[PDB]
Amino acid sequence: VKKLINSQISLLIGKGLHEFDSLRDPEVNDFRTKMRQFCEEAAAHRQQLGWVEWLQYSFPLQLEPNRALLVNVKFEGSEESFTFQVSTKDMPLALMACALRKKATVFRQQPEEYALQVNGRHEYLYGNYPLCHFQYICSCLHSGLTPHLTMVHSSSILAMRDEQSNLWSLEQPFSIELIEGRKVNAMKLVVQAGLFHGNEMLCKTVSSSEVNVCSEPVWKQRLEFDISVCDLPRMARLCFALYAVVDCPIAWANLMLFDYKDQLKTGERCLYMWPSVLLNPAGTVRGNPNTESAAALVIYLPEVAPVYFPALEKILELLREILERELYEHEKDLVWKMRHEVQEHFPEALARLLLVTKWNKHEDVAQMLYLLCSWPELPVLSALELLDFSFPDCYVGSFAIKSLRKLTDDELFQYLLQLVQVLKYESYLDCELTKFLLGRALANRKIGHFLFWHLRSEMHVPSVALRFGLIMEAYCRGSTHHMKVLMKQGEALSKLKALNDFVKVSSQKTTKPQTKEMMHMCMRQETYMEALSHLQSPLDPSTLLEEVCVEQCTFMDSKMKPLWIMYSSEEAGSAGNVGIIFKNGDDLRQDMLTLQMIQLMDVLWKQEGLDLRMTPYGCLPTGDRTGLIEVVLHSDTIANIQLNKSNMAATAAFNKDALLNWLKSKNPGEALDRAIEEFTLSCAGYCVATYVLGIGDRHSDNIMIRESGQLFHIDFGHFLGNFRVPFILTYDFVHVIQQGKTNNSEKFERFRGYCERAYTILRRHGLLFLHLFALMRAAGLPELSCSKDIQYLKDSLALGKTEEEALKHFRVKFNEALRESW
Ligand SMILES: CS(=O)(=O)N1CCN(Cc2cc3nc(-c4cccc5[nH]ncc45)nc(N4CCOCC4)c3s2)CC1
């Protein structure tokens, strides 16, 4: 059986476990056994949670960031059901109490023994929260639908938990022998080598001698560094670049100077190099796995004798405010001079102080560290900054995580993407971020779900295959049942891939009707109906994808022929009708990032009492240029609506009215007012978001409308101006906002106010967007590479200005946009 699990994990993670063994690597070995132990204890803890606590793990609450409503309630093993009138202000307990009085009178005769399940979803209502604080109840109130809930007893929840069981001494210069290589090229070869601590060089770079493109080249030369061996910090990174000149980059490679056991490295190393875009301090510190073809480098670390980085005990033993809100040398000097006063009176300036400490002088690093050890904990915002590559020191990183432990699960969820990308900065396999991520993942199944997919979706990338593989295995050890739930998900994704391939071939040889009919036959095969039905959605583990609705599945006409799959569910009713899009061949990472940022804006806006009626729909890369998009039902693109089709409700005399006619047919009489309002609020949100994010190429094919009137955006291929994208006012939206009128400054100016409020709120969290984008730089996304992309966000949010200047400036961009509206 232990054999069976092993094989199922290998299949799930997209890598055979035997492949970890073949490496015969102490570090991999150690990571695997340590992390397995840590995960198994978390799984032990879990099997003994109270039932409310188990619910908290398995289905965490979906909460928002007087009035009467109707709700329908039923008991688990029963057809019969009761509709109740309650207040939005009532706790779930009150509602559970009615349900039992209604049961007892029909049936002829304790609320605390139950929780409420959302019908046909893995979602639950419990806690001390007014009904309208639950996202589900909120949703229902807006759309107008009646909440439908099931009373699930405590014994039923426990049956679920039950079924889911499992040194200072060395003053001489640092130096290496560069021995030889075995590359490929056209001219002379050179090797540049520098020592780095993050971005900062620890001393000048040093160069090789020139030897012709010859072989299989040989050097046997000492390269000596203009720093002493006792001054190398714990996180010292030696970087190499090999190129050609009479400039032509060939390859690079980096390693840590201390291994994972803190021991300084000696003697000979073989370095399998990565092929180039000259020095790459931020690149991984593990060699290329394609050792068959990779250019190799042999160097020799000299035996300085066995030496270890001194323990913490030995470490411990050893106009200010005016600037303190890029600094000159003397400025740096004051800060260092006044570090105690910084620790005492300005703890939040830790980072600026860290950036001024001389990391190439051990006495100084000792002193900076001395302060770090008694530094008070910092807010989440500050901690996120410290995770940046600018702070490679492990005591800093450890302090950062320590300051992050106070993340709520909702917050952790919101930043999960960036924390994962930061893993690519790590120097070793066993690290605080990993154990942190895994422990929080083992305490929250939703966290666990998205961690798994963020990791799984990158297994085709050699620089991270090993690390990410190792983490997913360890997690699997911590949850056998969820492993099985995830495979079921991977099996469906495997079949969609095969079906998508057929559709690609087929569509090149036959008409769309014929391909769709054969797609349906293919889907109707037993293997497919089985693989495609009865899973949790990778887009949202609380969404259940029950019976695939074959007749309604089809595909889109764009290059990659993405599949459009519909599902239904008797037990969920209408909310069990959900749709996913499967795309293979395009990159979805940029869309996911953009959509997480828009969703963050929505959270910040709602935290200040501003709901702009956003449509934050799921988007999730799952594999190599593979992932899923959630279908927002009851929506259509502007373009489709603007086709101005005859024999249709929305039949216009002027194309400018098409959109308004459409909203009118979806929203008869009095409902129209609210639809126009919903359109107005969301339009503001999206105009601000796309402006702040530099999302261009917006047009009537990538903008959508919901039947409620909410406007949203799909298919982002560009952001951060990676085409300065101007603010955008489209006429036809302005026409809707104006309720059809040529002049309606009263409506138009409400709309301006919404844009300004939304904009000024985001400026106030400008710093949170900058730290998050900074961490995203580790993604390797082509439009998020360097400083100018970040600067795009400084400029868009005008963060160097007072609120009055930024607003005035914004007013010019906006007024400029209105002129541009015809
Ligand atoms: C004739 S046809 O069969 O070829 N086709 C043409 C017109 N289509 C309209 C659509 C295109 C469309 N593209 C996307 C997408 C495409 C590429 C990247 C993306 N990122 N995010 C979305 C998205 N996402 C969509 N969503 C996302 C969620 O909300 C409703 C449907 C829709 S709806 C429907 C039928």
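In this chain, residues are counted from 1 in sequence order. Whatever order the structure lists ligands and atoms in, that order sets their numbers, starting from 1. Values reported hereafter were calculated over all heavy atoms of this structure, with side chains retained and with hydrogens, waters and symmetry mates removed.
The molecule at ligand 1 is the drug GDC-0941.
Tallying contacts with GDC-0941 (ligand 1), the largest count belongs to the chain named in the PDB entry as phosphatidylinositol-4,5-bisphosphate 3-kinase catalytic subunit delta isoform.
In terms of protein heavy-atom proximity, atom 28 (C) of GDC-0941 (ligand 1) is nearest to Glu630 O, 3.0 Å.
If you look at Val632 next to GDC-0941 (ligand 1), the close heavy atoms, those under 4.0 Å, come from the backbone and the side chain alike. Among all non-hydrogen protein atoms, the one lying nearest atom 33 (S) of GDC-0941 (ligand 1) is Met704 CE, 3.7 Å. Contact annotation for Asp557 and GDC-0941 (ligand 1): heavy atoms of both the backbone and the side chain come within less than 4.0 Å of the ligand. Considering backbone and side-chain N/O of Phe712, none are found under 3.5 Å from N/O of GDC-0941 (ligand 1).
Within the 4.0 Å cut-off (strictly below), no protein heavy atom is located near atom 8 (N) of GDC-0941 (ligand 1). Protein heavy atom nearest atom 20 (N) of GDC-0941 (ligand 1), with residue, atom name and distance: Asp591 OD2, 2.6 Å. Among the atoms of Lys512, some N or O lies under 3.5 angstrom from an N or O of GDC-0941 (ligand 1). Counting protein heavy atoms only, atom 17 (C) of GDC-0941 (ligand 1) is closest to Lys583 NZ, 3.1 Å. Looking from atom 14 (C) of GDC-0941 (ligand 1) to the surrounding protein, the closest heavy atom is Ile714 CD1, 3.8 Å.
Among the atoms of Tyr617, some N or O lies under 3.5 angstrom from an N or O of GDC-0941 (ligand 1).
For GDC-0941 (ligand 1), the polar-atom distance check against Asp715 finds a nitrogen or oxygen pair separated by under 3.5 Å.
In terms of polar-atom proximity, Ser558 is not counted as a contact of GDC-0941 (ligand 1), lacking any N or O under 3.5 Å from an N or O of the ligand.
In the vicinity of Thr637, heavy-atom distances shorter than 4.0 Å reach the GDC-0941 (ligand 1) atoms 9 (C). The protein heavy-atom contact nearest to atom 25 (C) of GDC-0941 (ligand 1) is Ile581 CD1, 3.8 Å. Looking only at heavy atoms of the protein, atom 6 (C) of GDC-0941 (ligand 1) is closest to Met556 CG, 4.9 Å.
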